[PDB]
Amino acid sequence: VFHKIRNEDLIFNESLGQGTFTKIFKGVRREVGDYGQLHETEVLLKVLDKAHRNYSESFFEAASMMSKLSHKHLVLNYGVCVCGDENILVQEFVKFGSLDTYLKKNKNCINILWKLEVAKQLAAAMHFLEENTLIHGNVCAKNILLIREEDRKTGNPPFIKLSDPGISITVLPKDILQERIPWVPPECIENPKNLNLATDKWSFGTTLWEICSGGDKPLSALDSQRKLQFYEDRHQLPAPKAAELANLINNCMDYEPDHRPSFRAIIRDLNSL
Ligand SMILES: NC(=O)c1cnc(N[C@@H]2CCCC[C@@H]2N)nc1Nc1cccc(-n2nccn2)c1
């Protein structure tokens, strides 16, 4: 499915951090573009750890999911580099990075309208996936990328894209899934094979909580055992201090998966504010 990119056409530059069994770099791809123009394009290079090569299928299936459909709110995958012993996903480089970092850095100048616009865009991307019956499986603020900053001077809203989910929770070790509470929904802690469209509605709620909490991580003070007991006791997240979306967050984070609202209903709710 994926376009194969030669290792020789890729330059690896600085490490940007780590994902689950991955290391992430900024790089450059040399390519021929439209009209035969030569380009040296900034790219995100996502590299599967050699020690976890056994996850390669799920590693690439994540990307393949995103590239099944084309949409203005979904990250572009340029291709893969599987030369030699490396498993590399090549993705569009998104200048302003992921939303959790951006929210933490830019608290003082992010207001409720900015959060509402971003929430609406994420809901639009999820409605598109839901209409296509395509599960994402790892909606969270780290996987939302800021393409364009809000410019109140020209009325331009911010613009985000949803990035790929990474290796699926259906294959990850149990301890990692538990560390990912409360993004991973309770039914998936009970049985990771319970991954379903309803999964994304729960994680969407958790992500809205991040958006409203300046990039804080919900339940970060709880170790894994306490996160588990949080689900066992059927707790909900505290309302963010900016609590405008708190009812929507809790409605999405419904312990009954069948009761979680459709993304059309979610969008209708967002539009009402
Ligand atoms: N498609 C992308 O461009 C992209 C995708 N994912 C991520 N995730 C980042 C890196 C890996 C760990 C998690 C962290 N949120 N960052 C991206 N771009 C980016 C752009 C500017 C700066 C940085 N940056 N500088 C220091 C750290 N991150 C990253």
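Here the PDB entry sets the residue numbers for chain A, with the shown residues being 536-808 in order. When a ligand or atom number is given, it counts from 1 through the structure's own listing order. Computation of the quantities below employed the complete heavy-atom set of this structure, encompassing side-chain atoms and omitting hydrogens, waters and symmetry-equivalent molecules.
Choosing among AZD6482, PRT062607, RVX-208, BNC105, one finds at ligand 1 the drug PRT062607. Per the PDB entry, the macromolecule in most contact with PRT062607 is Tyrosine-protein kinase JAK2.
By chain and number, the binding site of PRT062607 (heavy atoms under 4.0 Å) reads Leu551, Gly552, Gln553, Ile559, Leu579, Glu627, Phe628, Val629, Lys630, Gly632, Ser633, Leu680. Atoms of PRT062607 found under 4.0 Å from any heavy atom of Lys630 (numbered from 1 in listed order, with element): 20 (C), 21 (C). Looking at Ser633 next to PRT062607, an N or O pair under 3.5 Å apart turns up. The source species given by the entry for chain A is Homo sapiens.
The ligand atoms of PRT062607 that sit less than 4.0 angstrom from a heavy atom of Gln553 are 12 (C). Residue contacts with PRT062607: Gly632 is placed with no nitrogen or oxygen under 3.5 Å of a nitrogen or oxygen of the ligand (distance criterion only). Close approach of PRT062607 to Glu627 (heavy-atom distance below 4.0 Å) involves ligand atoms 1 (N), 2 (C), 3 (O).
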